[PDB]
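Lab note: 12S mitochondrial rRNA, tigecycline bound.
Proteins come first, then strands; the chains are lettered A, B, ... in the order of their sequence lines, and each starts at number 1. The structure has been trimmed to a portion of the entry, and contacts are counted only among what remains. In each ligand, atom 1 is the first atom listed, and ligand 1 is the first ligand listed. The analysis underlying the following values was restricted to heavy atoms, covering all of them including side chains, and did not include hydrogens, waters or symmetry mates. Looks like electron microscopy, 2.4 Å, at least that's what the header says.
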Amino acid sequence: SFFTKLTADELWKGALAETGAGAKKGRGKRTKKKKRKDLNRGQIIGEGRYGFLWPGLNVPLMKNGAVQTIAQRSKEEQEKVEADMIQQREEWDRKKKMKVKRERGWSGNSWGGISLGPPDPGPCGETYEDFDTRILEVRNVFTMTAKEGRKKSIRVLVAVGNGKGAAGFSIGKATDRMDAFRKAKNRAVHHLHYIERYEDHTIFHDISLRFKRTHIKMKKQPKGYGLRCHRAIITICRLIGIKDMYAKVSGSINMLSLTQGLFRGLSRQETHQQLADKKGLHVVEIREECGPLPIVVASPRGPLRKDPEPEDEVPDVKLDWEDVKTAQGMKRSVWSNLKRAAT
Amino acid sequence: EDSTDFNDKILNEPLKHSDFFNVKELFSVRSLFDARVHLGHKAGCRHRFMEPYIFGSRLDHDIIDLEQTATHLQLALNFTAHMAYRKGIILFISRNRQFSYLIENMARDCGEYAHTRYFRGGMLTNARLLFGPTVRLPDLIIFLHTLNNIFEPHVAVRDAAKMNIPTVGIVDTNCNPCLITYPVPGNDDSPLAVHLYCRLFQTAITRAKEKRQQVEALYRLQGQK
Amino acid sequence: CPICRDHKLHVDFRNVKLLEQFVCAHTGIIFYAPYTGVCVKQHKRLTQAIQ
Amino acid sequence: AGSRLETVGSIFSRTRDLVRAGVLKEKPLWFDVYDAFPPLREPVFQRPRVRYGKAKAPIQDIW
Amino acid sequence: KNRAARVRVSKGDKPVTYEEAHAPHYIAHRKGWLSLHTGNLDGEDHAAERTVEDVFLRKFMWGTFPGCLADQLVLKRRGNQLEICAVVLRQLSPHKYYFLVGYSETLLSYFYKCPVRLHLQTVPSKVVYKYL
RNA sequence: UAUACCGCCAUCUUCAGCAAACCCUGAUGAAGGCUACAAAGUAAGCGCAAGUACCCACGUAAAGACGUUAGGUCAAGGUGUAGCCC
RNA sequence: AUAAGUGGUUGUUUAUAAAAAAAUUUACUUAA
Ligand SMILES: C[NH+](C)c1cc(NC(=O)CNC(C)(C)C)c(O)c2c1C[C@H]1C[C@H]3[C@H]([NH+](C)C)C(O)=C(C(N)=O)C(=O)[C@@]3(O)C(O)=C1C2=O
Ligand SMILES: [K+]
Ligand SMILES: [Mg+2]
Ligand SMILES: [Mg+2]
Ligand SMILES: [Mg+2]
Ligand SMILES: [Mg+2]
Ligand SMILES: [Mg+2]
Ligand SMILES: [Mg+2]
Ligand SMILES: [Mg+2]
Ligand SMILES: [Mg+2]
Ligand SMILES: [Mg+2]
Ligand SMILES: [Mg+2]
């Protein structure tokens with residue numbers, strides 16, 4: 001019957017079954033998902049199966065300054081038109097079966113390390129194209145509600161940084177991943193630290209910090225050493241601009257305590273000039289590659305002092321057993337100093 | 001080249017003098033003392049961050065050191081005048097309901113702004129949504145009382161710091177001055193003290209706003225010749 | 001590997017620029033093969049070239 | 001942009017550092033006035049602690 | 001919960017027209033009838049034949065002006081006449097619109113044995129009443 | 001095959017809540033955001049409400065979100081998947 | 001201040017994409 005035929009909108013809504021009890025509470029567990037096809041896509045008004053040519057609709061109205069009459073394509077000619085239509089559809093479908101190469105982060109199926117591009121441009125023309133954004137952690141967190149039940153939210157941790165000392169991080173909570181990436185990405189640029197770097201490649205001193213239950217032991221290294229540190233630290237270091245450093249994470253390795261502790265330790269990094277000013281004495285660098293050449297890296301801009309700081313023969317510093325363990329060739333881990341790709 | 005002349009004659013010139021607006025003449029230790037600015041709260045109310053500024057306890061009543069109040073008060077007035085001269089938006093924030101009328105009047109008289117009312121959440125950290133995307137936020141905030149009506153720091157003190165807005169603040173012995181850019185230790189309860197601060201910040205602002213006019217008239221004379 | 005995906009990259013002792021890329025600019029050391037990813041074959045040829 | 005980390009450094013240090021980095025393109029209106037006439041104590045956030053044990057307040061009684 | 005001819009709320013991003021935005025309990029209150037004839041008046045005949053004609057024409061027009069209609073047809077009848085008032089879009093060639101007006105009018109007049117007219121009203125975009 | 005669905009409904013509902021977008025709090029955890037002599041929330045939309053129908057400002061209708069019960073209905077019609085085609 | 005026992009089994013989060021169709025002759029009748 002002609003009168004039982006419905007519209008494409010009504011037909012796809014039923015066929016796709018996007019709504020229903022299956023969607024809710026993950027009751028339906030059929031990963032295979034059909035997609036709506038617009039079947040009007042390649043359709044031309046006036047073009048039909050019989051191949052008639054209607055002047056003013058399917059073909060041009062006037063030919064050689066004269067009004068065309070009703071004409072019908074030849075059988076052999078109509079075959080080509082129908083055959084060509086099949087080809088375009090196939091090639092149109094071909095485009096949508098091509099798999100796009102998603103550049104992978106820490107792992108193939110991991111969101112950590114993946115880049116979210118620059119933060120969205122601000123309201124009043126504020127622009128953030130200098131900054132990069134890498135994901136640090138995606139987690140489906142749940143709460144219970146009286147009506148629905150298990151309600152999923154996405155907690156996302158991102159870090160932003162221009163690679164010139166300015167960097168931050170923020171958490172984003174939303175029901176949709178893409179809405180949490182936005183919130184986390186855009187909120188981070190309003191919470192930027194400035195991380196002082198020694199020679200714009202490493203840190204000034206070595207940092208030993210404990211944030212809650214996470215321990216981070218960071219070591220200043222020379223050039224070429226590279227970033228030999230936890231995969232989340234290398235990411236954040238690339239966003240800060242540190243290029244050569246070592247860090248070992250002990251205790252708990254919660255991504256969020258590791259981040260909040262990494263940025264805290266780096267924020268308390270005392271500079272060489274800040275030191276010279278605090279002690280009021282020259283800070284002299286001794287490099288083994290330069291013999292006893294006394295390289296003065298920072299001097300007190302204010303008044304210089306005259307009393308040699310008392311040199312305590314025995315330093316009352318609390319050493320770390322692992323440091324001394326390795327120093328004395330007692331640590332024999334079959335995992336330390338392994339050949340790894342350049343970071 | 002107009003940038004060099006405009007910047008030097010207007011913005012850079014006043015910043016080269018120790019007291020470009022002569023605000024030190026506006027107050028004296030005798031004037032502060034006569035306004036009871038040295039009277040603090042009792043010793044059981046004291047904040048430990050306000051100790052550097054307390055001269056002592058006179059029968060368990062903290063006496064604020066007016067010698068440091070004067071040095072701090074000058075620094076706070078100097079900043080205010082330089083900001084008023086630079087066409088900065090100055091907001092006066094208080095919640096002491098006894099002086100809300102006084103502080104609102106004073107703000108209108110010097111052509112500036114006052115928020116003496118319940119501070120709604122996000123006025124500063126969420127202003128482009130509460131006002132409009134092109135709203136201009138204050139460049140300076142003057143707290144005449146830094147505690148809200150439950151004896152805790154006004155939320156704006158923290159929100160000003162989050163928005164990178166310098167603040168001037170009268171900090172009594174029970175107040176928290178860690179985040180205030182220019183704390184001025186002094187009594188914030190006595191009407192004499194509150195009248196004095198309003199008189200001083202009004203003058204400093206007024207005087208600074210005239211001088212900004214009385215140094216662009218010289219620009220006009222210099223422009224002709 | 002980097003070398004074996006571009007035929008126009010000839011690891012010769014004459015191609016000094018290419019050789020420089022595979023040596024530290026700070027310590028003067030030839031990277032290990034896992035560092036850059038060049039197969040065992042090419043890394044040895046490279047090593048000879050460097051020397 | 002700006003940094004709303006009111007607990008890390010001060011408005012000066014944060015601003016100063018963001019200008020150096022290139023985030024803040026324009027020095028805020030108050031920056032030059034602060035730089036010329038800085039306050040006696042830099043406004044850095046500190047958490048008030050309790051005095052345990054023998055720690056007492058250095059405030060003396062005026063006699 | 002009632003469902004008939006309600007567009008559900010969604011997420012504040014769904015463009016809906018004044019017609020679509022109103023539920024059946026608003027049909028004589030905030031909106032009118034998409035057809036007007038005398039069949040459904042007390043004492044009148046042929047409500048059925050009018051109704052079959054109106055279901056066909058809406059279908060006829062939807063497939064005859066594919067992708068052009070920007071709202072629902074307004075069907076009118078005065079004596080022997082039939083008026084089809086479409087709101088269409090402005091993407092098709094006016095040559096094609098004139099072809100289709102002349103075509104539809106002619107074909108429908110021979111099908112329903114009456115004078116049939118077709119009044120187009122073009123709009124740039126579909127008029128949005130509300131973002132549900 | 002209603003446990004793939006549209007369509008049209010039951011049910012709480014003789015409900016008042018669902019909320020995008022922000023901001024803040026929790027050491028940047030799941031989460032949380034209340035005081036009017038106010039102490040961090042602003043919220044567009046959708047319900048409720050208002051309006052309209054019936055003989056009124058009353059009453060009765062109607063309305064009544066988001067969700068809950070894989071609740072009902074492939075036998076209203078249409079339809080994804082699977083099957084039948086002497 | 002009475003007494004109110006029980007309920008086979010089972011169950012959830014693997015990742016983005018887009019079209020257009022269209023425009024040469026802007027006014028006669030006429031004749032060889
Ligand atoms: C075997 N049980 C788990 C079951 C299975 C199906 N269907 C299938 O698994 C079908 N599987 C195929 C697709 C054929 C491979 C089912 O479809 C159902 C149910 C449960 C029933 C229970 C029904 C019950 N009464 C009417 C017998 C009832 O009162 C309730 C209730 N909530 O109170 C129901 O949920 C019930 O009506 C219902 O809907 C069932 C199913 O839907
Ligand atoms: K079926
Ligand atoms: Mg009902
Ligand atoms: Mg069902
Ligand atoms: Mg159903
Ligand atoms: Mg089952
Ligand atoms: Mg009523
Ligand atoms: Mg009812
Ligand atoms: Mg109502
Ligand atoms: Mg069922
Ligand atoms: Mg039993
Ligand atoms: Mg049980």
All copies of tigecycline
ligand 1
Which other chains lie near tigecycline, in the sense of having some heavy atom under 4.0 Å away?
F
If you take every non-hydrogen atom within 4.0 Å of tigecycline, which residues does that pick out?
F/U1, F/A2, F/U3, F/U69, F/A70, F/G71, F/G72
Covalent bond partner of tigecycline: which residue and atom, or none?
none
Species of RNA chain F according to the entry
Homo sapiens
Identify every other ligand or ion with an atom closer than 4.0 Å to tigecycline.
ligand 6 (magnesium ion), ligand 10 (magnesium ion)
